[PDB]
Structures are given as C-alpha cells and as structure tokens.
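Depicted below, PU-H71 in association with Heat shock protein HSP 90-alpha.
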Amino acid sequence: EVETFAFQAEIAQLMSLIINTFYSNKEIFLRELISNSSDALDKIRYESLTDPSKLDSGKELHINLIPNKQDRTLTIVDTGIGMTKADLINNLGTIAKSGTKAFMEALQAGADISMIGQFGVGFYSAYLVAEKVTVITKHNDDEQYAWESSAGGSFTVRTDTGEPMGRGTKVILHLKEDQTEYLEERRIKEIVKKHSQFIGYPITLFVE
Ligand SMILES: CC(C)NCCCn1c(Sc2cc3c(cc2I)OCO3)nc2c(N)ncnc21
C-alpha cells in the first residue's frame, strides 16, 4: 500500500545538482551516512539516561556496513533513534530546506560538494553513487516504514511488513552500474579508515 510524495522543490533541486554535477570525489557519501548514524545513536543514548525503557527496543548501539554484489547494494545499518512517519514526509524536509539554500549559495562562493555535511543535508550525497535509495526505519513509538526514491522529484513511503528491526535505520544504496567499487571490502575499509576512524560506536564491515 504505497503513498507517493513530491520533494519540496528545493530538495528536488539539490538532488539534481548532486546527480548531475561533475565531481570525482564520490567516496564521501559513506562518511556522511556513518555520521548521520552516529548522530542518531547519540540521541537515543542521551534520551535513555532519563528514560531507560527507550532501550527496550534494543540495548546495542552500533553500525553495520553490509555489501551485497548479488543485489548490488551497500547497506548502512544503525540501531539509533530511528525516524517517524512525520519525519519522513514533512519534518526532515522542512529542516532540509534551509540547509539546501545555504549549501547551494556556499557552493557558488567557492565551496565544494564534500562540505554538504556542514549544512545538514549529507544524506542526499547518497545519490553520488546510488540510482535508488531505500530507507527502512523504526522509531520507538511509531511503526516500521520503508521510504524510497530514485530521485526524479518524488519519493514513496509505506508501512514495512518485512522483518522487524526493533529500532534503527537501514540505508540501502542500490548502486549505479559504474560505482560497484563500493562493494569491495578493501575500498570500504579504506574509506572508513580515511574519513570515519573516530566514530564512537562499533562499525562492523560484513564480508561476502
Ligand atoms: C533528528 C536528528 C537525529 N537528525 C536526523 C536527520 C534524519 N536522519 C538522517 S538524514 C535523512 C534521512 C532520510 C531522509 C532525510 C534525511 I535529512 O529521508 C530519507 O531518510 N539519517 C538518519 C538516521 N540514520 N537515523 C535517524 N535520523 C536520520
């Protein structure tokens, strides 16, 4: 049972720029996603200090990197705060509007795509390497949802009847045909060591 939504014009614009601009340093997408996971984990930890029951959905706070050549996907999994339906459909977009505006102006002023994180919109860097991104997420007091978008100005959201995750987010990157290097263990290990060696949570890189 799928609902389809239009990205706010600004977000659609950011995505086009990301997909269209010639920029070779694509590997920064992983750092942006791992960072978002780190932030989510930080929040659920902080919240658990005043309400321990919030960890009933899972006490483990970590990150998993799962590559799959068969499906040509790279999934970044975390046990963080998760996102609600309201987050996925309106709230995160509202916030992303200002970040986008600032980021695009900063670019014209000499900045580059690798700085997208300082504007709160790093998630969209996933499109530097993915033709389609599917996001499975579960927040403590909402249901598990599946958000998805191949850009083009729209995204869908549905209640996920798959396999329960308890609490957290899974960013599934359906890679572009010429970006399969991100499925190789050596390459992923290289990027993590280069841009995310100090994340304060365990990061497990699965092998195939
Ligand atoms: C609330 C605070 C933690 N900031 C969260 C920003 C949204 N977000 C993001 S960035 C993001 C993710 C999206 C999205 C928009 C953004 I911005 O629509 C598709 O899924 N990653 C998160 C994650 N791994 N866990 C929880 N929240 C995530």
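Residue numbers count from 1 along this sequence. Every number for a ligand or one of its atoms is a count from 1 in the order of the listing. Atoms considered below: every heavy atom in the structure, side chains included; atoms not considered: hydrogens, waters and symmetry mates. Heads up, header says this was done by X-ray crystallography, 2.1 Å.
- All instances of PU-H71 together account for ligand 1.
- The residue-level binding site of PU-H71 (heavy-atom cut-off 4.0 Å) is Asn36, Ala40, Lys43, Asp78, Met83, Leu92, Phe123, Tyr124, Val135, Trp147, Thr169.
- Residue-ligand proximity, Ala40 to PU-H71, at heavy-atom distances under 4.0 Å covers atoms 25 (N), 26 (C).
- Atom 4 (N) of PU-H71 is not flagged as protein-proximal [any protein heavy atom, distance under 4.0 Å].
- The protein heavy atom nearest to atom 17 (I) of PU-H71 is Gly120 O, 4.2 Å.
- Distances below 4.0 Å separate heavy atoms of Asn36 from the following atoms of PU-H71: 10 (S), 21 (N).
- Within the 4.0 angstrom cut-off, atom 28 (C) of PU-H71 has one or more protein heavy-atom neighbours.
- Near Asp78, the atoms of PU-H71 lying under 4.0 angstrom from a non-hydrogen atom of the residue are 24 (N).
- Given atom 8 (N) of PU-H71, the protein heavy atom at minimum distance is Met83 SD, 3.7 Å.
- Looking at atom 1 (C) of PU-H71, its nearest protein heavy atom turns out to be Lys43 NZ, 4.0 Å.
- Ranking protein heavy atoms by distance to atom 23 (C) of PU-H71, first place goes to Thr169 OG1, 3.8 Å.
- This entry records no covalent attachment of PU-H71 to a chain.
- For atom 20 (O) of PU-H71, the nearest protein heavy atom (residue, atom name, distance) is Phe123 CZ, 3.6 Å.
- In the deposit, the organism given as the source of chain A is Homo sapiens.
- The nearest heavy-atom contact from the protein to atom 7 (C) of PU-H71 is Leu92 CD2, 3.4 Å.
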Would you mind writing out a table of all protein N or O atoms found under 3.5 Å from any N or O atom of PU-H71, naming both atoms and giving the distance to 0.1 Å?
unit_1: PU-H71; atom_1: 24 (N); unit_2: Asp78; atom_2: OD2; d: 3.1
unit_1: PU-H71; atom_1: 25 (N); unit_2: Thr169; atom_2: OG1; d: 3.4

